[PDB]
Asks: 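Today's structure: one with diclofenac.
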Amino acid sequence: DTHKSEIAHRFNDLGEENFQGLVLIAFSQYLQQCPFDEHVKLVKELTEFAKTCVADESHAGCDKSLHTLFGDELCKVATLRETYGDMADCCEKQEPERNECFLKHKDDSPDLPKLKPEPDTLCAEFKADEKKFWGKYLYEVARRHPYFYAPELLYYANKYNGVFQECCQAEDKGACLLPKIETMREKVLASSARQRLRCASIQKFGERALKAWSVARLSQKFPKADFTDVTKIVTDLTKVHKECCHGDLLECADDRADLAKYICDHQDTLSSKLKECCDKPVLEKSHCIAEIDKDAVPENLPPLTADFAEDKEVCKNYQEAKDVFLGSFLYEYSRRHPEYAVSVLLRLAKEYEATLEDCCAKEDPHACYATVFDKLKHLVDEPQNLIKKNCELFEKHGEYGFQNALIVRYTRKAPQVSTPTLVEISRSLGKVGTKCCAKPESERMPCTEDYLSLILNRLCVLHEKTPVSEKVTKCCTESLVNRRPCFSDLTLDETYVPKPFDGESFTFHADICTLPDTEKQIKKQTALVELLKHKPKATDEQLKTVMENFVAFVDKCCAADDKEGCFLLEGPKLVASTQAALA
Ligand SMILES: O=C(O)Cc1ccccc1Nc1c(Cl)cccc1Cl
Ligand SMILES: O=C(O)Cc1ccccc1Nc1c(Cl)cccc1Cl
Ligand SMILES: O=C(O)Cc1ccccc1Nc1c(Cl)cccc1Cl
Ligand SMILES: O=C(O)Cc1ccccc1Nc1c(Cl)cccc1Cl
Ligand SMILES: O=C(O)Cc1ccccc1Nc1c(Cl)cccc1Cl
Ligand SMILES: O=C(O)Cc1ccccc1Nc1c(Cl)cccc1Cl
Ligand SMILES: [Cl-]
């Protein structure tokens, strides 16, 4: 809800620590290249202004919107001109256009330095000033992930500070904290990906897509709840995500906290797993709620055919109350299959909807849609062979070889895409093998659909930033939930025109020899992509031959006395072997 003085309302509701953290995340995400200390100064200003309005809400400016107050502060910054180019034209503008402009310049691949944990340095900053150290975490993560779910980031900052509580007085510091940080990293990065999808769903596919996703998710977590209660939570959760995805972080966090309280107050009718969550403080409580994945299927439920195929009013309901009805389908399907991937459940609803659009026009609709559930069950099973084949490949060759097989597959599909993006995405796809292939047989498909949804959304976000392939555009935009089928269906892109081999220009040198081992692995994956960009029709056996040659040449020359000399002499020999091989 809104108050006359929104700044006072949210300061009152959130309290000063969380208010400050949230405002710092806002500024970090709007202005990702700006330094920490400049952000801190604006947050302090606004905080101090907040306190003025709490004490006297009649004070000048206290009835301004949050965007006005945020924006005026962003426009103090002189360097907006230098550091952002045509974004200081946001500052030239006034609200509500200004805020929109700022939002549009969030950068999904800002290319800041890779963060590296240095235990002694970190421990000393923690000692010096814990609050600054917390703030610095919020800043560094937020600016790398400009749609990170902001109240979840506050929870993670508290966990981060806890790692250093534990480890800094420990004798051996890095032994204690490096693995903690590694673990936290993978969890934060997963969280950012799941939120980036949520935000894509609303931004690119509309509020109705986000509602659809929410009804499916919530029905797997709280399947014993009634539809009217699930739908209440959907309405609230949808408002929360809309706010967070739009950069309305103070409202997001406040509404989130209210929704956590509602959930906990109604825990007996929603899920027994809430018992672990509901006596925690707000941020941890909310995180715990988010972490719940599923409950048991309620006993004694009727077949879905009753409401969705037998009922004489199926067409009526589809026609007159379409959103409610598709919502009910989602709730009822989801609650019966709480282990399914959400994207699959949505894929089913979409086909159900398509079935009704075709059949409800006919003289005997029921004749036409009576068997729709059998078609849906088949749709669930469609990719089981290929998933099995993928997991068999992973088992036979391991993660790095599985990534290599994916580089080939994906480069053929989308050869226009940049080499760093093809490598990033293919390595992430290969990690799906490790995360999913030793799940129970029956849990593999939902595992792989879930991660694929996240990884392909990353692809699509990177592609939006600089579009290069009509086929990737098409798959990214045709339908959010059928992205995985779309991309799987793509074949070699014959639209692509390869540039010739720069046959006189040989491009590899002895500085490869000193790389850390994982960087040596990436260098070989980069080489593979480039080989495919020059000879996009090469066979698997050809690419293997050439890559084998390449790695023997690198090993031979990195072990030589004169290393660069070997690269220079034998490099031309490599190009010759390669040519003969790619005929
Ligand atoms: O304010 C303090 O006492 C500690 C401190 C030191 C350096 C930088 C920031 C902060 N605190 C702080 C932070 Cl970490 C973020 C936003 C607003 C404030 Cl006041
Ligand atoms: O490592 C990342 O890419 C982000 C990330 C997520 C969770 C925890 C830490 C980090 N990065 C990071 C590192 Cl590597 C060191 C010190 C402080 C930070 Cl925020
Ligand atoms: O729209 C809302 O705020 C919640 C609501 C309540 C009852 C029925 C449908 C909906 N929303 C909704 C919509 Cl608009 C589309 C697909 C799935 C759902 Cl749950
Ligand atoms: O791509 C396919 O045809 C099979 C398929 C279906 C559902 C989910 C994932 C996958 N494939 C797949 C798998 Cl199983 C793991 C890692 C990367 C990919 Cl592309
Ligand atoms: O030498 C280069 O990097 C460019 C070039 C020119 C002619 C023939 C092949 C290549 N590159 C090349 C070779 Cl020779 C082997 C494996 C991977 C690559 Cl990218
Ligand atoms: O030398 C080899 O053949 C192993 C190798 C090294 C670097 C890059 C790729 C490959 N192998 C390879 C190739 Cl070229 C394609 C698909 C799957 C695999 Cl394992
Ligand atoms: Cl949440």
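When a residue number appears, it is its place in the shown sequence, counting from 1. Both counts, for ligands and for their atoms, begin at 1 and track the order of listing. FYI, side chains are in, hydrogens and waters are out, and symmetry mates aren't considered; it's all heavy atoms of this structure.
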Asks: Where, by number or letter, can diclofenac be found in the structure?
Replies: ligands 1, 2, 3, 4, 5 and 6
Asks: Which chain accounts for the largest share of heavy-atom contacts with diclofenac (ligand 5), under its name in the PDB entry?
Replies: Albumin
Asks: Listed by chain and number, which residues of other chains have a heavy atom closer than 4.0 Å to any atom of diclofenac (ligand 5)?
Replies: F501, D502, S505, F506, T507, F508, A527, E530, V546, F550, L574, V575, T578
Asks: So which heavy atom in the protein is nearest atom 1 (O) of diclofenac (ligand 5), and how far is it from that ligand atom?
Replies: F506 CD1, 3.0 Å
Asks: Measure the distance from atom 14 (Cl) of diclofenac (ligand 5) to every protein heavy atom, then report the residue, atom name and distance (to 0.1 Å) of the closest one.
Replies: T578 OG1, 3.4 Å
Asks: Atom 17 (C) of diclofenac (ligand 5): which protein heavy atom is closest, and how many Å away?
Replies: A527 O, 3.9 Å
Asks: Which organism does the PDB entry associate with chain A as its source?
Replies: Capra hircus
Asks: Right, does atom 10 (C) of diclofenac (ligand 5) have protein non-hydrogen atoms nearer than 4.0 Å?
Replies: yes
Asks: When only distance counts, is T507 in polar contact with diclofenac (ligand 5), meaning an N/O pair under 3.5 Å?
Replies: yes
Asks: Can you tell me the protein heavy atom closest to atom 15 (C) of diclofenac (ligand 5) and the distance?
Replies: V546 CG1, 3.6 Å
Asks: Look up the covalent attachment of diclofenac (ligand 5) in this entry and give residue and atom.
Replies: none
Asks: For diclofenac (ligand 5), which atoms have a heavy atom of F508 less than 4.0 angstrom away?
Replies: 3 (O)
Asks: I need the atoms of diclofenac (ligand 5) closer than 4.0 Å to a non-hydrogen atom of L574, numbered in the order shown.
Replies: 14 (Cl), 15 (C)
Asks: Among all protein heavy atoms, pick the one closest to atom 5 (C) of diclofenac (ligand 5) and tell me residue, atom and distance.
Replies: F501 CD2, 3.5 Å
Asks: Does diclofenac (ligand 5) have any N/O atom under 3.5 Å from a protein N/O, and what are those pairs and their distances?
Replies:
| residue | atom | partner | partner atom | Å |
| --- | --- | --- | --- | --- |
| diclofenac (ligand 5) | 1 (O) | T507 | N | 3.4 |
| diclofenac (ligand 5) | 3 (O) | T507 | OG1 | 2.5 |

